Amino acid sequence: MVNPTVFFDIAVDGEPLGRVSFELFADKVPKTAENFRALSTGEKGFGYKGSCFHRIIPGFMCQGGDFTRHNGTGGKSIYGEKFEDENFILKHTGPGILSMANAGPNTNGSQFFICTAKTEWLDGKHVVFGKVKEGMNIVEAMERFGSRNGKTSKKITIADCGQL
Amino acid sequence: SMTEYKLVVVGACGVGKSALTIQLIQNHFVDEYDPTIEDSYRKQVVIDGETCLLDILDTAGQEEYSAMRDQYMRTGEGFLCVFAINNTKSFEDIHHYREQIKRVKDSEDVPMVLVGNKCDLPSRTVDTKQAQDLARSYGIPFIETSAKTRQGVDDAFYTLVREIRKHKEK
Ligand SMILES: CCn1c(-c2cc(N3CCN(C)CC3)cnc2[C@H](C)OC)c2c3cc(ccc31)-c1csc(n1)C[C@H](NC(=O)[C@H]1C[C@@H]1C)C(=O)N1CCC[C@H](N1)C(=O)OCC(C)(C)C2
Ligand SMILES: Nc1nc2c(ncn2[C@@H]2O[C@H](COP(=O)(O)OP(=O)(O)NP(=O)(O)O)[C@@H](O)[C@H]2O)c(=O)[nH]1
Ligand SMILES: [Mg+2]
């Protein structure tokens with residue numbers, strides 16, 4: 001059972017920056033991996049295409065996935081607006097980790113973050129479900145547009161996305 | 001020119017720190033939850049017939065980062081200590097917040113206002129008398145507010161400015 005792979009084509013104020021690909025750990029977190037996979041293909045009629053990375057904090061992470069409100073508060077999963085924390089087997093071990101954003105226990109939706117550093121204090125609180133495969137330097141390049149509180153200085157969008 | 005006052009809004013997650021600040025600054029309320037990292041705002045206001053400039057720091061209630069509050073408590077001149085009237089734990093967190101401010105300022109006399117927010121909601125769990133008594137024991141004002149209806153929002157921030165003024169001129 002090969003873990004699935006998805007891609008984002010990132011744009012900065014509408015101009016291409018490059019492609020990031022992710023391995024999704026369906027072997028360990030199948031429900032969370034499947035949510036992200038389906039949102040990347042848009043096959044449920046909604047998903048990540050066209051949404052932005054609303055919070056980028058250099059030294060820590062790039063966060064996105066709010067495709068319902070486009071303001072950092074929204075998003076929804078393929079299972080409903082929220083779903084439970086599947087497990088905390090995998091840890092935030094370093095740059096490239098892909099993990100679920102949440103507003104407390106059992107509130108996963110569609111928002112996610114990509115680590116640009118090890119963020120060990122998030123272990124046990126956010127569900128890790130994937131990692132960057134290709135294009136980590138694109139994620140690093142996205143940090144150029146972040147700030148201390150995460151507000152971005154350019155519109156960082158997922159211009160296209162899908163499954164490889 | 002006009003005097004600038006450095007205000008800092010503190011309290012547990014979800015009590016309404018951001019909703020109160022955005023009501024003050026931008027005159028609106030949305031019920032969406034956008035948990036704060038850290039935000040700064042500016043607004044000029046007339047208080048007691050004089051114009052002054054409010055510089056407001058809206059802080060995160062995240063318990064995980066409680067050891068990173070010290071730098072902003074050092075720079076802040078006065079503190080809005082916010083709890084929600086329907087959240088007993090947020091009221092119990094108040095003591096811990098005030099104690100932290102006292103330690104960083106190394107003073108028992110720090111400009112501060114106790115704010116009981118969400119007073120538009122039924123099923124209150126923290127009684128007004130219980131909160132007035134605690135503010136009485138601290139020697140600071142207590143104001144009940146609603147970021148949703150705007151009740152007490154201006155009064156909370158203006159009262160804190162008056163407290164800072166009195167402390168500076170003491
Ligand atoms: C003290 C200042 N601060 C800091 C902080 C922490 C440090 N440390 C240095 C020493 N090491 C050992 C410990 C940490 C240094 N510098 C800062 C920042 C740069 O100082 C301004 C953070 C933070 C997070 C929140 C609030 C205040 C915060 C917060 C507020 S809502 C939140 N977290 C969780 C967030 N939910 C949402 O969005 C919900 C709405 C959606 C659905 C969420 O799922 N994710 C994903 C994981 C990352 C997290 N967002 C986030 O953005 O983390 C920011 C980060 C910088 C990583 C941590
Ligand atoms: N009914 C009612 N809801 C309120 C009031 N103030 C805030 N809320 C709601 O309570 C939730 C949390 O508000 P918010 O201002 O984000 O709280 P916060 O203290 O800034 N949270 P954090 O520490 O995570 O940044 C939001 O859904 C908001 O609409 C109020 O006076 N009345
Ligand atoms: Mg807030």
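Every chain is numbered from 1, with letters handed out A, B, ... down the list of sequences. Whatever order the structure lists them in is the order used to number ligands and atoms, beginning at 1. Just the heavy atoms: all of them, side chains too, but no hydrogens, waters or symmetry mates, feed the values below.
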Asker: Please tell me which drug sits at ligand 1.
Answerer: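 PDB records call it daraxonrasib.
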Asker: Would you let me know which chain has the most contact with daraxonrasib, using the name from the PDB entry?
Answerer: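 Largest number of contacts: Peptidyl-prolyl cis-trans isomerase A.
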Asker: Heavy-atom contacts under 4.0 Å: which other chains make them with daraxonrasib?
Answerer: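 Other chains, by heavy atom: A, B.
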Asker: Where does the model put a covalent connection between daraxonrasib and the polymer, residue and atom please?
Answerer: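 The entry shows no covalent bond.
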Asker: Out of B:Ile37, B:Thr59, A:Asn149, who gets a non-hydrogen atom closest to atom 29 (C) of daraxonrasib?
Answerer: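 The nearest heavy atom belongs to B:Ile37.
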Asker: Just distances here: any N/O of A:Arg148 and N/O of daraxonrasib closer than 3.5 Å?
Answerer: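 The answer is no, given that A:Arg148 and daraxonrasib share no N or O pair closer than 3.5 Å.
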Asker: I'm curious what the deposit calls chain B - any idea?
Answerer: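 The PDB gives the name GTPase KRas.
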Asker: Does an N or O from A:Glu120, backbone or side chain, lie closer than 3.5 Å to an N or O of daraxonrasib?
Answerer: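 There is no such contact.
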Asker: What is the nearest protein non-hydrogen atom to atom 8 (N) of daraxonrasib, stated with its residue, atom name and distance?
Answerer: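 The protein heavy atom lying closest is B:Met68 SD, 3.6 Å.
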Asker: How far is atom 34 (C) of daraxonrasib from its nearest protein heavy atom, and which residue and atom name does that atom have?
Answerer: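 Here the nearest protein heavy atom works out to A:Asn102 O, 4.1 Å.
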Asker: I'm curious what other ligands or ions sit under 4.0 Å from daraxonrasib. Any?
Answerer: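 Answer: none.
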Asker: Which UniProt domain of chain A has the most residues touching daraxonrasib?
Answerer: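 The majority fall within the UniProt domain PPIase cyclophilin-type.
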Asker: Give a yes/no on daraxonrasib: does A:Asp66 have at least one heavy atom closer than 4.0 angstrom to it?
Answerer: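 It does not; every heavy atom stays at 4.0 Å or beyond.
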Asker: Determine whether the side chain, the backbone, both or neither of B:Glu64 has a heavy atom under 4.0 Å from any heavy atom of daraxonrasib.
Answerer: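 The answer is neither.
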Asker: Counting from 1, what daraxonrasib atoms have a heavy atom of A:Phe113 closer than 4.0 Å?
Answerer: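 Listed by number with element: 46 (C), 47 (C).
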Asker: Could you check whether any heavy atom of A:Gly72 sits closer than 4.0 Å to an atom of daraxonrasib, since that is the contact criterion I want to use?
Answerer: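 Yes, A:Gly72 has a heavy atom closer than 4.0 Å to daraxonrasib.
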Asker: Counting heavy atoms only, which of A:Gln63, A:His92, A:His54, A:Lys82 comes nearest to atom 49 (C) of daraxonrasib?
Answerer: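 It is A:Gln63 that holds the nearest heavy atom.
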Asker: Write out the binding site of daraxonrasib as chain and residue number, heavy atoms closer than 4.0 Å.
Answerer: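 With heavy atoms under 4.0 Å, it is A:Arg55, A:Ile57, A:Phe60, A:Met61, A:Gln63, A:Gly72, A:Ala101, A:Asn102, A:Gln111, A:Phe113, A:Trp121, A:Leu122, A:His126, A:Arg148, B:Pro35, B:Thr36, B:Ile37, B:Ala60, B:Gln62, B:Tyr65, B:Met68.
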Asker: Which protein N or O atoms sit under 3.5 Å from any N or O of daraxonrasib? Give atom names and distances.
Answerer:
from	atom 1	to	atom 2	distance (Å)
daraxonrasib	36 (N)	A:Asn102	O	2.9
daraxonrasib	38 (O)	A:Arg55	NH1	2.9
daraxonrasib	38 (O)	A:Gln63	NE2	3.0
daraxonrasib	44 (O)	A:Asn102	N	2.9
daraxonrasib	44 (O)	A:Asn102	O	3.3
daraxonrasib	45 (N)	A:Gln63	OE1	3.3
daraxonrasib	50 (N)	A:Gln63	OE1	3.0

